[PDB]
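Consider the following structure, which contains chenodeoxycholic acid.
Chain letters run A, B, ... following the sequence lines, proteins first, then strands; residues in each count from 1. Note that these values count all heavy atoms, side chains included, but never hydrogens, waters or copies made by symmetry. One-based numbering, in listed order, for ligands and for the atoms of each.
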Number of protein chains: 2
Amino acid sequence: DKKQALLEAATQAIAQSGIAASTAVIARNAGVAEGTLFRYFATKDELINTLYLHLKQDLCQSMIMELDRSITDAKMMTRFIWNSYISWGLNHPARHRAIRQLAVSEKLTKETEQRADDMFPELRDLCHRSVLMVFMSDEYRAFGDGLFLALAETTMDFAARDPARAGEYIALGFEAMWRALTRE
Amino acid sequence: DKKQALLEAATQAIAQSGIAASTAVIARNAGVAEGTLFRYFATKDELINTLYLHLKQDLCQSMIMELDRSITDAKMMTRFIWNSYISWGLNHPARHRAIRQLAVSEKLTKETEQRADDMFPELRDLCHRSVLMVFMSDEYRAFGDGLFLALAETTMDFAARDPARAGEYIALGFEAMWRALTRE
Ligand SMILES: C[C@H](CCC(=O)O)[C@H]1CC[C@H]2[C@@H]3[C@H](O)C[C@@H]4C[C@H](O)CC[C@]4(C)[C@H]3CC[C@]12C
Ligand SMILES: C[C@H](CCC(=O)O)[C@H]1CC[C@H]2[C@@H]3[C@H](O)C[C@@H]4C[C@H](O)CC[C@]4(C)[C@H]3CC[C@]12C
């Protein structure tokens, strides 16, 4: 209960304010004592990592349910994964806004990145993963994650504002993302 | 004086708040009466269009000064234009933030788009323009402008936060933009 309420309140606050959002704000919006928040997350760094994992789990659970694992072709599988990301963020704009800030925050621990993958094996190799961002040195993976998230946010913005052409924006954004972030 | 002060104050407000920013806020921050602001811009729509042109002039004046017109190769010329855009936005983050919101606002008049080009012929054909976004139907030009601006903002974000690798981010972002938004 209170853990879920705190994570939901942290999601809204960071979506609105960035990793800077105050624990006090988060605690009151969750209707708990700030000391109670520290019982769940002793530090802002811990809240960042725990919240990132929470949102990442939610997102990937969404992707798992839309995925058809017959599909082996990487581009097609990647299109489906994109479309599920755009859907997720249109359904949950604060989750997207929060995860975008978390993803590029530089407070994510190697432990946490590790923890993400271990929690959804299905994504590792029911796609055969990647071609996406393989060309980049390790140091620039964060930047490529930022580029992906930038493209996706724009695609969301336009689809939300002009729903009659949502599929068109999604398809154009996909093609942009894929050309940006792959090599043949 | 007062026109320039109002345009500067509108730039900060929209960068912070979006096309929604209030004229009252803009007028006080410019230290003029709100009725005085209406003498310069009778409507928020007019302020949007006049401000967009103001920022667009500033940006393109920057580009004109960095441009070497010996360069005929479109990709190289486009790289230079990108690098000058990234520089401009790092030098003037509110100008970038404001122009990004204006560019996609749907309040820009055909008259204004017309007015932009007429004001800088040098950009029309000392580059031979485009290859950029030529593939898109007219209805999606705004979306492609949004994609460009999304890529550029990210490239700025990373260059500002990690100046030691600024050129690297700029070059990677360029290549992403160019692959997204051209076809051979
Ligand atoms: C699951 C697929 C990999 C499969 C493929 O390339 O086909 C990942 C490839 C790019 C990732 C996304 C990309 O790295 C940007 C974000 C990074 C953030 O840490 C997680 C959410 C992200 C939005 C993330 C979610 C997982 C995908 C969408
Ligand atoms: C001047 C060059 C065209 C030349 C070329 O393709 O080599 C334009 C191609 C893309 C444009 C940019 C792109 O359309 C996105 C923004 C749109 C906004 O209305 C003006 C600023 C913009 C940031 C704009 C400024 C002019 C360039 C940078």
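Going by the PDB entry, the chain with the most contacts to chenodeoxycholic acid (ligand 2) here is Regulatory protein.
Other chains with a heavy-atom distance under 4.0 Å to chenodeoxycholic acid (ligand 2) are given as B.
For chenodeoxycholic acid (ligand 2), the residues with any heavy atom closer than 4.0 Å are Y52(B), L59(B), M63(B), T78(B), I81(B), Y85(B), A103(B), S130(B), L132(B), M133(B), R141(B), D145(B), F148(B), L149(B). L59(B) CD2, 3.9 Å is the protein heavy atom nearest to atom 21 (C) of chenodeoxycholic acid (ligand 2).
Looking only at heavy atoms of the protein, atom 2 (C) of chenodeoxycholic acid (ligand 2) is closest to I81(B) CG2, 3.9 Å. Ranking protein heavy atoms by distance to atom 19 (O) of chenodeoxycholic acid (ligand 2), first place goes to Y52(B) OH, 2.6 Å. Contacts under 4.0 Å between chenodeoxycholic acid (ligand 2) and other ligands or ions: none.
Counting protein heavy atoms under 4.0 angstrom from atom 27 (C) of chenodeoxycholic acid (ligand 2) gives zero.
No N or O atom of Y85(B) sits closer than 3.5 Å to an N or O atom of chenodeoxycholic acid (ligand 2).
Counting only heavy atoms of the protein, atom 11 (C) of chenodeoxycholic acid (ligand 2) lies nearest to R141(B) NH2, 4.4 Å.
At the top of the distance list for atom 9 (C) of chenodeoxycholic acid (ligand 2), counting protein heavy atoms only, stands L132(B) CD2, 3.6 Å. Within a 4.0 Å radius of atom 15 (C) of chenodeoxycholic acid (ligand 2), the protein has at least one heavy atom. Every atom of chenodeoxycholic acid (ligand 2) is numbered from 1 in the order shown, and the set under 4.0 Å from a heavy atom of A103(B) is 18 (C), 19 (O).
Remark: atom 24 (C) of chenodeoxycholic acid (ligand 2) lies closer than 4.0 Å to no protein heavy atom.
Each of the atoms 13 (C), 14 (O), 15 (C), 17 (C) of chenodeoxycholic acid (ligand 2) lies under 4.0 Å from some heavy atom of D145(B).
In terms of polar-atom proximity, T78(B) is counted as a contact of chenodeoxycholic acid (ligand 2), with an N or O under 3.5 Å from an N or O of the ligand.
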